[PDB]
Q: 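Just passing along the structure, written as structure tokens.
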There are 2 protein chains.
Amino acid sequence: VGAXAXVXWXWXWXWX
Amino acid sequence: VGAXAXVXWXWXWXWX
């Protein structure tokens, strides 16, 4: 279903 | 800034 695996790109929110 | 790396969890939207 949809495209890819999961939701968004990466892990969490930000960079740190 | 924030926590983690990127936005969300995974790659795209869904599973496929």
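Chains get letters A, B, ... in whatever order the sequence lines come in. Residue numbering in chain A adheres to the PDB entry, whereby the residues present occupy positions 1-16 in order. Since chain B takes its numbers from the PDB entry, the residues it shows come out as 1-16. In what follows, a modified residue is given as the parent amino acid, or as X, and its added atoms are left uncounted in contacts.
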Q: What is the identity of the drug or drug candidate at chain B?
A: gramicidin D
Q: What label does the deposit attach to chain B?
A: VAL-gramicidin A
